[PDB]
**Q** 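PDB structure, Penicillin G acylase subunit beta holding benzylpenicillin.
Convention: sequence-line order gives letters A, B, ...; per-chain numbering from 1. What's counted below: heavy atoms across the whole structure, side chains too, no hydrogens, waters or symmetry copies. Whatever order the structure lists them in is the order used to number ligands and atoms, beginning at 1. Heads up, header says this was done by X-ray crystallography, 2.2 Å.
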Amino acid sequence: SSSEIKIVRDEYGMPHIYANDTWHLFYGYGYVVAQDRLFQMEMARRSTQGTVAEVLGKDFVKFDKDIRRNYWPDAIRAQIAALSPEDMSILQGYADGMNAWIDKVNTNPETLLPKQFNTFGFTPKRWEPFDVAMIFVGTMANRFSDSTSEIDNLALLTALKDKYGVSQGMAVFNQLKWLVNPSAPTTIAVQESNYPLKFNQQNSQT
Amino acid sequence: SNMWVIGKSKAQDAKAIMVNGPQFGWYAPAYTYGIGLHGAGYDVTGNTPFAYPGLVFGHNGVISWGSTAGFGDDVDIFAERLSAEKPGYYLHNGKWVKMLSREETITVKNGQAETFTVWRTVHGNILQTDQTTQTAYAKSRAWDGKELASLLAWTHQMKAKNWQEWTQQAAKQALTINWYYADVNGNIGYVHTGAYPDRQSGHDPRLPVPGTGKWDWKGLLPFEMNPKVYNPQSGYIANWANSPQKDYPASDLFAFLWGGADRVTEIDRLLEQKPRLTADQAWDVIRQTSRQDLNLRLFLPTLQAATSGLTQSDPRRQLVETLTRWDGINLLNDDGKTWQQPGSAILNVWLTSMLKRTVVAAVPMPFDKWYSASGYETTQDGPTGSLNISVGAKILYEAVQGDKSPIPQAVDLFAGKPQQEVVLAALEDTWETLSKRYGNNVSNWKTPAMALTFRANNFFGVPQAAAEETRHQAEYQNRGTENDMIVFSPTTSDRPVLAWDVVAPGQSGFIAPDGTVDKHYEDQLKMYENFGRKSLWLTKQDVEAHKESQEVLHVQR
Ligand SMILES: CC1(C)S[C@@H]2[C@H](NC(=O)Cc3ccccc3)C(=O)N2[C@H]1C(=O)O
Ligand SMILES: [Ca+2]
């Protein structure tokens, strides 16, 4: 049946989803997720979008401000809007699945509402493709692939140049923060290949 | 995060073995989510962070996959030129270009709402400003505009059935992530995936560049450039956040280096120790690396050289001999609080003293503080993440390597002093510090072990559970937040693939309104502690035979 989604959990509660098309497959995924981790996912949504102060108060305002200053939601929505129907079905189905359970939770809260919601004083709302996308974007991209300390680095080099002079300071910066170290143990052995690009390490952009 | 993939040439009783240990910190409920998908072109099983549509750790019965952070430099800072007149604009390519901006209002529980403005240029969102020289810094990510493509690449890669189809998806993953491959035929592979900028000639990726236009990236480097290997001569693929490839540059983070001293060597020596490994032995590498002090191997030779000429009764020589007998593998005493050996405490105190005497002394304040951590610092709750060789320690290592180090020592960290003298003085501090605390009988030193805590706040520091849901594990283990292993063509099984993972505390974070915890709320927590694991099912037969519950939904879009 094209409309049928089967959910089978093993003896560790791990869900396996069986469905024919994409929207149904990820609808089933979001369903079981909303069953297992609703509160965690709600708080992750708020973390990745900077809406934590809404429910936890003043101490998270700085946090919320920082999250929003670190990305551009319109750009994310634009990428979602460009997705093929097939790729969109992933996010939409996933979002619809959660909502199917969230609706059931908010209809019979006295038995289905995760305790934490009562404790933290609020209830879950529905998700859209954007929310699902931002879970990934805020927890893998904006936090796990968004690293740089260039402003400090320039400050260190500047302090090293003042202390040891221009040439010596540049050379010591190359000693504390080298661009490459050929003795670095590598996942790929040298016999396999090496990296062809060599970058400038004299700060010639000044 | 660590990962080792054992290929056909080194697998025993199997063709390929993949053991992944992603390190995200520890959390309750579990950081990752177990999930099996069967339909719409998918047939997979495994677990994944925050239940992303795409499983970061799993397999489809034909290939398996995994990840660890790439730590390439995919982020540069552009210094935008501003003007007191025409606020909100910045000079780019000879013209004053209008910045992008948006209003944001932070609603606040039991507080006042706050609205502010976020700014963006062609280079990225604005960090800090500075209306003295009128400069604002824009953070430029090579993956900008590719967030969703990376999310979809992580999903579609699950459908691959060989190296070619898989690398096709790896090419679309724009974040800086190491991807790993293994399959039923014994093949294995690695790709340092990610979008990387094609920088102008002379652009030092460690320092900011002008945003006036002349330093704009030429574009992005092609997939050809991404470090990759398929069926390496070595017969294995091991990573623990170390360099992908010879001459490949690391992240610009001052606190992050790939150098001669790298924790990944701990995995290498265990995989190279034996010609072939079985599934259980490859798994056992988790336990071993979990307990392995990462500094003993790096500095013991220097410690030995410096104390080789001291007499029996010299205390400092006694401390080095203590370390010499030690295999660096920490184990708990029956008290479940202390370590059987004082090795790490000795190294910790010594190393801290060395850094203070060497790297820290040579660096102008307050930057000097950047190189003072020994890498053992922790709280009563234990490390928030993995243990690693500290940046200061890595610099020190190059210094004690002498000429065997390829890094020019522009300045002598030892300030003209004999290296032995400084090493000895630090051992003197170590003995004074430790003996005064534990007594002069080293053999009964019961030094505190690190503990581990599954935290109720997620990595952001935001509650994802109530405070009481936090779980404690006596023994800190420098291992993945979760561990999964896929074994292809196991010779003792009827199936062409076997897989295991551990998702602690458990699959479920649900607590009913009356406080009744779900049956799978904590049924993997002890298993995690004991280095145990549970089977991941893929086929309809295995899933059915192991079903506890079932449900069928009928829905149309
Ligand atoms: C910026 C980082 C997220 S990268 C590093 C480490 N992450 C890993 O070891 C593995 C990993 C990260 C993201 C996705 C998969 C694996 C981890 O934790 N680190 C963080 C840090 O430096 O504060
Ligand atoms: Ca950079």
**Q** Where do all copies of benzylpenicillin show up in the model?
**A** ligand 1
**Q** Heavy atoms under 4.0 Å from benzylpenicillin (ligand 1): which other chains do they belong to?
**A** A, B
**Q** Could you tell me whether atom 9 (O) of benzylpenicillin (ligand 1) has a protein heavy atom closer than 4.0 Å?
**A** yes
**Q** Could you check which of B/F24, B/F71, A/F144 puts a non-hydrogen atom nearest to atom 4 (S) of benzylpenicillin (ligand 1)?
**A** B/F71
**Q** So what's the organism behind chain B, according to the entry?
**A** Escherichia coli
**Q** How far is atom 14 (C) of benzylpenicillin (ligand 1) from its nearest protein heavy atom, and which residue and atom is that?
**A** A/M140 SD, 3.2 Å
**Q** Under 4.0 Å from benzylpenicillin (ligand 1), counting heavy atoms only, is it the side chain of A/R143, its backbone, both or neither?
**A** backbone
**Q** Quiz question for you: does at least one protein heavy atom lie closer than 4.0 Å to atom 20 (C) of benzylpenicillin (ligand 1)?
**A** no
**Q** May I ask you to identify, for A/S147, whether its side chain, its backbone, both or neither come under 4.0 Å of benzylpenicillin (ligand 1) on a heavy-atom basis?
**A** side chain
**Q** Provide the nearest UniProt active-site residue in chain B relative to benzylpenicillin (ligand 1) and the minimal non-hydrogen distance to 1 Å.
**A** B/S1, 3 Å
**Q** Establish whether atom 1 (C) of benzylpenicillin (ligand 1) and some protein heavy atom are separated by less than 4.0 angstrom.
**A** yes
**Q** For atom 6 (C) of benzylpenicillin (ligand 1), what is the nearest protein heavy atom, given as residue, atom name and distance?
**A** B/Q23 O, 4.1 Å
**Q** Which molecule name is recorded for chain A in the entry?
**A** penicillin acylase
**Q** Which benzylpenicillin (ligand 1) atoms, with their elements, are less than 4.0 angstrom from a heavy-atom of B/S1?
**A** 8 (C), 9 (O), 10 (C), 11 (C), 16 (C)
**Q** Can you tell me which portion of B/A69 lies within the under-4.0 Å heavy-atom range of benzylpenicillin (ligand 1)? Options are side chain, backbone, both, or neither.
**A** both
**Q** Does benzylpenicillin (ligand 1) approach any residue of chain B that UniProt lists for Ca(2+) binding closer than 4.0 Å (heavy atoms), and which?
**A** none
**Q** Write out the residues of other chains lying under 4.0 Å from benzylpenicillin (ligand 1), heavy atoms counted.
**A** A/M140, A/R143, A/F144, A/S147, B/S1, B/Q23, B/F24, B/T68, B/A69, B/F71
**Q** Are there any N/O pairs under 3.5 Å between benzylpenicillin (ligand 1) and the protein, and if so, what are their distances?
**A**
| unit_1 | atom_1 | unit_2 | atom_2 | d |
| --- | --- | --- | --- | --- |
| benzylpenicillin (ligand 1) | 9 (O) | B/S1 | N | 2.8 |
| benzylpenicillin (ligand 1) | 9 (O) | B/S1 | OG | 3.1 |
| benzylpenicillin (ligand 1) | 18 (O) | B/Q23 | O | 3.4 |

